[PDB]
Colleague: 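Quick one: structure with cetuximab.
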Amino acid sequence: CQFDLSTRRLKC
Amino acid sequence: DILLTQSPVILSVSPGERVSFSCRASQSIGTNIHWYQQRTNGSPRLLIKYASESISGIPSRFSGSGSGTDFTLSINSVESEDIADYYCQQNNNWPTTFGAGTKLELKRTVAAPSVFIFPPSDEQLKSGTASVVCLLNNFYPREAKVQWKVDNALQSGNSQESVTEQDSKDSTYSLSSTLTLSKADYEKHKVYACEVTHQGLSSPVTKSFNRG
Amino acid sequence: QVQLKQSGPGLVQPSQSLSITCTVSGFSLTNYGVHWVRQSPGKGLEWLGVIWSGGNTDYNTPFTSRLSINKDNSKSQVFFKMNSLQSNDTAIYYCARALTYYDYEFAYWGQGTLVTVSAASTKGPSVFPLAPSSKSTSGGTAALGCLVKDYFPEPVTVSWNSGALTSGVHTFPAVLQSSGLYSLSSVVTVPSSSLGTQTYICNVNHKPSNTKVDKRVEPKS
């Protein structure tokens, strides 16, 4: 989905 | 501004396979495109400059091609360490802009999780709260079910799950499920159990403890 | 070697300003421009602006009114500042250097600085042991960990045995609780026979609140 600030990775 | 459209959004491939990423631009940009890799918790890493030109230190398995509006980043033989997001960047037109990215997922054989449960510590209980943690370690695929029971009462809405990104070496996931209760509730009950369901298990795995 | 190192993450109140320092080494600011890029959930990678070798600045169009970049060549520092932030300015901010002095292919990046724009207060975490037992031991392998609970904002860094223990470590992404505080756990699997010989300490650093805790984790009595 969107970019995750916690993991620096794209979700889903 | 130039819009860069990356497709597909998610790629899923087996090790050793070839994989390619598309970046399409809203208008022609020559070969003025650069590619980046971003691993978990990392800063972007320059892979290719100007569509096809190699970068010092980048493995030979990475390559790029394309002209005009249609660009391709390729990995001729994917390794587990390639688990990452991939971004394109154009700079034929000010301001430089980036694509929204393509996520690279890896396949592997089914691996059942090893399940561990942790009672709340006495230290936390002092603070007035009790967290119970269930750990599912090193499994594939990502899908799993965790069901909490306290004295045979199904718990619902009072737990949270977190899943790590895919491991860069063995391509597995680990998962935590944390059941949170007030100390008062925690003390009013005896049997605490998480039951794990996963494709790699022939039957559900229950880990439990009795308070004290 | 070429390195860009950024100041630490933190909380910025809505309408207030954002300041970040990039200290560089392995090159001179008089010979290279330094760019600033941010990464957000909504917009992803977004180029913000640049300060050139000679001191000139370019700012991306939407930021031209609330962005300023300055630098100290002698101190090898670049200063990023952005005004009147809203919640969607929450992002990872990076400084970057291109391959050549004039170009935009970013071969070198700062480690990033997570900036959270929120009206809330900063709060250090409590750290609790996730103790190894027979209920976390199978086939000679014991799992153990640390519960890092009730902090704001992100991020928290966790290592084990001061960096010496990395194999089998899993630090889970933090979850947001209903309180608006984050919580995470970090676990590691070790040989159970090592439990009576080796010490296990999770090193927790919550930079936004200047909170550092070394938590020893032992089998319970």
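In this entry the chain letters A, B, ... are assigned according to the order of the sequence lines. Residue numbering in chain A adheres to the PDB entry, whereby the residues present occupy positions 1-12 in order. Shown for chain B, in order and in the PDB entry numbering: 1-212. By the numbers in the PDB entry, the shown part of chain C spans 1-221. Technique stated in the header: X-ray crystallography, 2.2 Å.
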Colleague: Please list all instances of cetuximab by ligand or chain.
Modeller: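 It's found at chains B and C.
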Colleague: List the residues forming the binding site of cetuximab (chains B and C), heavy atoms under 4.5 Å.
Modeller: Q2(A), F3(A), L5(A), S6(A), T7(A), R8(A), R9(A), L10(A), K11(A), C12(A)
Colleague: Per the PDB, what's the name of chain B?
Modeller: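 The PDB entry names it Fab light chain.
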Colleague: Could you tell me what the entry names chain C?
Modeller: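 Per the entry: Fab heavy chain.
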